[PDB]
Amino acid sequence: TXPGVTXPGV
DNA sequence: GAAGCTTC
DNA sequence: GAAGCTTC
């Protein structure tokens, strides 16, 4: 997830 | 070494 | 079913 906690996605 | 899925 | 990286 995030940054932070890619995206989602990529 | 963990805690955190939504682009197709 | 990848799969893109960070904040702790």
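Chain A is the first sequence line, chain B the second, and so forth, proteins listed ahead of strands; every chain is numbered from 1. We read in the header that X-ray crystallography, 3.0 Å was used to get this structure. Non-standard residues take their parent's letter or X, and their extra atoms are not counted toward contacts.
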Could you check chain A and tell me the drug name? actinomycin D
Note the other chains with a heavy atom under 4.5 Å from actinomycin D (chain A), by letter. B, C
Chain A - name in entry: actinomycin D
